[PDB]
Amino acid sequence: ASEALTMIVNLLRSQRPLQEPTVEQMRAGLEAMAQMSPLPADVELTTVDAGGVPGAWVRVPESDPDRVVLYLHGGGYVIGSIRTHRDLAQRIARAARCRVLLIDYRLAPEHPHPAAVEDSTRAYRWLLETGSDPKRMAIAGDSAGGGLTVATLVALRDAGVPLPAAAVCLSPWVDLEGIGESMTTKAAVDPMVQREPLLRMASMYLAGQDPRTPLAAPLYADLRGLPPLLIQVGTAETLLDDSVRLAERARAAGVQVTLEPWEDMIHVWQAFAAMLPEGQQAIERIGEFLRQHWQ
Ligand SMILES: COc1ccc2cc([C@@H](C)C(=O)O)ccc2c1
C-alpha cells in the first residue's frame, strides 16, 4: 500500500469518532474530521426538500443534469450528515459525471429502524415523481449507508417501484451482530471499526428489534432482482466479511455482483482521497462502474 496509508492509520488511531463517550461527541468528532478536507471552489451545493426528507444536490462542472446518484452516508445509523459526506459525494459526482442527491435520513437513537429506510425510499420515490429516470439513476452508500443501499433496493422492489441501473456499497455494514470471522481476525489491523462500538450503534438503531430484521441487516434479506452491485471493501477491515457474505448472498440470488477487495485498505478509505492515492483510485473505479451501467 501507499506510504500515505500510514498517515491515515495514524490519524484514525488518535481520532476515534466511533469510540467517543457520548453520541453528541461521536457526531461532533466526525464533523471535525470532515471539516479538514476543504471543498473545491467548483462544487455547487443546493439544499432541497426531497419529498419530506432534507437533502442537498451536489453538482460539479461535468455533472450530466439527468444522471443522479442517491447517496446514503455512513456513521452506524447514528452519526454522519450532509456536512460529513459532501466531499465524498462531490468526488463521486466528478468521477461518474452526474448529480448526487445527499440525503439527511433520520438517525438513531432518536429515530430507530425503520426510519432510515422510510427516508431513503421516500427520497428515491421523490426523484421518480420529479422526472428522474431509473435507467439514469444509482443508489450508493458507505458502511451503514452501504447496508441502507441494499435495504432501500429490497424495499423499493417489494413496493413494485422501478429499480435503478446500478448500486454501489463502500465497506457495507450488513451484519448487526458482528459475527463475521474478520470481526476477530482483522481486529488488530482495523483502526476505526471494532465489535464493541458496532454493537453500541446496532442497539441504538434496532431499539430491541431482532438483529436479523432483514431491512436492518440485509445479510438476511431476499436480494433476488437487485440491479448490478459494486462492493468495494478493504482487507484491513473487521467489516471485510460483511462484504464477502453480501457478495455470496447477492450472487446466490442471481444479482450481477462485483466484489472488489482492496489489499491493506481501511474502512471507507475513499473518504481520505485528498491524501490517499488508493482513495482517489477507488472513486475513479466507482465512476467507471456507474458510467458503464448508464451506457
Ligand atoms: C476526512 O473526511 C472524512 C469524512 C467522512 C468519514 C466517514 C467515516 C465513517 C465513519 C463512515 O461514515 O463510513 C470515516 C472517516 C471519514 C473521513
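Residue numbering for chain A follows the PDB entry; the residues present correspond to positions 2-296, in that order. Order of appearance sets the numbers: ligands from 1, and atoms from 1 within every ligand. For this deposited structure, the header notes the method as X-ray crystallography, 1.4 Å. We use all heavy atoms of the structure for the numbers below, so side chains are in, but hydrogens, waters and symmetry mates are not.
The name given to the drug at ligand 1 is (R)-naproxen.
Per the PDB entry, the macromolecule making the most contacts with (R)-naproxen (ligand 1) here is EstD11.
The source species given by the entry for chain A is uncultured bacterium. Put simply, part of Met34 is less than 4.0 Å from (R)-naproxen (ligand 1), judged by heavy atoms.
Residue contacts with (R)-naproxen (ligand 1) for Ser38 are absent, since no atom lies close enough (heavy atoms, distance under 4.0 Å). Less than 4.0 angstrom separates some heavy atom of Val269 from each of these atoms of (R)-naproxen (ligand 1): 13 (O).
Taking any N or O of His86, backbone or side chain, at least one lies under 3.5 Å from an N or O belonging to (R)-naproxen (ligand 1). In this entry, no covalent bond from (R)-naproxen (ligand 1) to a chain is modeled. Heavy atoms of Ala35 approach (R)-naproxen (ligand 1) to within less than 4.0 angstrom.
With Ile267, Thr85, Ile80 as candidates, the residue nearest to atom 5 (C) of (R)-naproxen (ligand 1) on a non-hydrogen basis is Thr85. Nearest protein neighbour of atom 3 (C) of (R)-naproxen (ligand 1), counting heavy atoms only, is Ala272 CB, 4.0 Å. Heavy atoms of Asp88 found under 4.0 angstrom from (R)-naproxen (ligand 1): none, in either backbone or side chain. The N/O atoms of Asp143, backbone and side chain alike, include one that comes under 3.5 Å of an N/O atom in (R)-naproxen (ligand 1).
Residue contacts with (R)-naproxen (ligand 1): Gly76 is included, with a non-hydrogen atom under 4.0 Å away. Heavy atoms of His74 stay at 4.0 angstrom or farther from (R)-naproxen (ligand 1).
Heavy atoms under 4.0 Å from (R)-naproxen (ligand 1) belong to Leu31, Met34, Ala35, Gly75, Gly76, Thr85, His86, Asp143, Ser144, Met193, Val269, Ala272, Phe273.
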What are the distances between nitrogen or oxygen atoms of (R)-naproxen (ligand 1) and protein nitrogen or oxygen atoms, counting only those under 3.5 Å?
{"from": "(R)-naproxen (ligand 1)", "atom 1": "12 (O)", "to": "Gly76", "atom 2": "N", "distance (Å)": "3.4"}
{"from": "(R)-naproxen (ligand 1)", "atom 1": "12 (O)", "to": "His86", "atom 2": "NE2", "distance (Å)": "3.2"}
{"from": "(R)-naproxen (ligand 1)", "atom 1": "12 (O)", "to": "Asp143", "atom 2": "OD2", "distance (Å)": "3.1"}
{"from": "(R)-naproxen (ligand 1)", "atom 1": "13 (O)", "to": "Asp143", "atom 2": "OD2", "distance (Å)": "2.6"}

